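Structure record follows, encoded as structure tokens.
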Amino acid sequence: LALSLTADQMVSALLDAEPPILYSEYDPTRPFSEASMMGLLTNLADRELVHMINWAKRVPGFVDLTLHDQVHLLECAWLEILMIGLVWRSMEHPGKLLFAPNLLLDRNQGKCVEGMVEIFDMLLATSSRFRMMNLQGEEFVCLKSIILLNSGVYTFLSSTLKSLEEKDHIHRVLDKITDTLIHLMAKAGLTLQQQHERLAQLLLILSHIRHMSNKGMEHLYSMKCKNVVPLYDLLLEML
Amino acid sequence: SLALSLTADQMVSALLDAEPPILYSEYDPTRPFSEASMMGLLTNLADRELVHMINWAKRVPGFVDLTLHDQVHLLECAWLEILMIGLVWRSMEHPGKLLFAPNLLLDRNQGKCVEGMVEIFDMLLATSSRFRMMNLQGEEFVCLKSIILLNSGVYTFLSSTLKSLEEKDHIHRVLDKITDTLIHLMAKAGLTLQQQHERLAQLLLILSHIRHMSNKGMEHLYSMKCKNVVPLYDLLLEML
Ligand SMILES: C[C@]12CC[C@@H]3c4ccc(O)cc4CC[C@H]3[C@@H]1CC[C@@H]2O
Ligand SMILES: C[C@]12CC[C@@H]3c4ccc(O)cc4CC[C@H]3[C@@H]1CC[C@@H]2O
Ligand SMILES: [Au+]
Ligand SMILES: [Au+]
Ligand SMILES: [Au+]
Ligand SMILES: [Au+]
Ligand SMILES: [Au+]
Ligand SMILES: [Au+]
């Protein structure tokens, strides 16, 4: 049915599906600590996550898919999706990251966590690029839905007939979203050359976002290894 | 500053001529395959392809216009994506397999012949497979390799100084020039404007999955250099 939507419909749909911007259960009453910040960013994420599931369902063609496939799409893309959102919100705040309205960290405040400055710089850089290209919200939502539908497809066990028809559907929506991007740029008045040139710059960024994502994934799990679970503690209680 | 002049057709020839030699795995068909045997087999091939990649990068429009440190930064963020896209291209004609080199053609399984490297194989196989069904053209292919070179490392540039931002503009102009080139190749091949934009998007989104395989590869590679390294056993068999 999404395959029916005209460009203008594809835009409103997406725009309305946009999730609420959440607040960090952040408390200035207390100081920031390596682990303090991690759980802070972590809770914000586990909560945005919940809203992400509501959003994914609102995206054209998404629910046309199989439960399994939906879970595989959201399980390969969740962190890219958070990152692009974080990036979008951080545009108006040069040099900083608006994780949430009440949580605005600048570069440095990143060092308040082991090896997470690198991921901050990249995120700052990305937000900076979006700014310099004057990314529009209409453009933004197209890209978020692309990331959903596209980062998990090469990693589908395409061994059976339902899996491949599953993939075609995915690529048709993707083309439909590309049609939309082009329309938005046509409308904005760019020539056809600028059009294809801008579709390319936007898409090539999704690459750097996949990158940050993998970096993030690495840095996140290494945290879950460290400060994972004591023992000297439960034991002392018991004795 | 030459690059930005090149017409589409000139951009393709430049790139096609820049193409590195196809190398042979300097190995023995006699000897079988062990976790450590393979790794070194693929690793040498790679270190050798690496040396050739340097000659290639230097012949890519606008790459030498850049700063030495910016050049090392680009090849360092992308060398493995670059090898990956070439391996994938070469494997097109060999459904289900990976033509690392003419004399080294591993199929899926032969991958398990290395700890946790089946995953990366499948992804490579899947990628080669996608290129096959989209009927990727060599002209299309070389545009994509040069895009990976120029684009995979520009965000991770310390854009804190003036020459650094002018450094980045130049890189984005060549990139636009390469996009122009891709669209020209597709127009010429007769696709409609819709199919044109549509195909430029499918091609570029794959670069994303390549970035992925790259990071996974990077992880798997370094984990090998931690574990599989000093003979130990070998040094003992010897001495003993
Ligand atoms: C995954 C991390 C914690 C959660 C962070 C987050 C949390 C919420 C959000 O909206 C965006 C991001 C982007 C960066 C993420 C971080 C990158 C490193 C860290 O481990
Ligand atoms: C980097 C690895 C070794 C070298 C391999 C290679 C070696 C040569 C080449 O032309 C392409 C590739 C792609 C996959 C690479 C592998 C992925 C995992 C492994 O560690
Ligand atoms: Au994934
Ligand atoms: Au701190
Ligand atoms: Au696909
Ligand atoms: Au990199
Ligand atoms: Au084996
Ligand atoms: Au850039």
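In what follows, chains carry the letters A, B, and so on, assigned in the order in which the sequence lines appear, proteins first and then strands, with residues in each chain numbered from 1. Determination method: X-ray crystallography, 2.8 Å. When a ligand or atom number is given, it counts from 1 through the structure's own listing order. FYI, side chains are in, hydrogens and waters are out, and symmetry mates aren't considered; it's all heavy atoms of this structure.
- Notes: drug at ligand 2 recorded as estradiol.
- The macromolecule with the greatest number of heavy-atom pairs within 4.5 Å of estradiol (ligand 2) is, in UniProt, named Estrogen receptor.
- Other chains with any heavy atom closer than 4.0 Å to estradiol (ligand 2): B.
- Per the entry, the species of origin for chain B is Homo sapiens.
- Taking the UniProt 17beta-estradiol-binding residues of chain B and keeping those with a non-hydrogen atom under 4.0 Å from estradiol (ligand 2) leaves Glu49(B), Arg90(B), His220(B).
- Within chain B, UniProt domain annotation places most contacts with estradiol (ligand 2) in NR LBD.
- Residues touching estradiol (ligand 2) within 4.0 Å, heavy atoms only: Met39(B), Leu42(B), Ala46(B), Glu49(B), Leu83(B), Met84(B), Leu87(B), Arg90(B), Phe100(B), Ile120(B), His220(B), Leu221(B).
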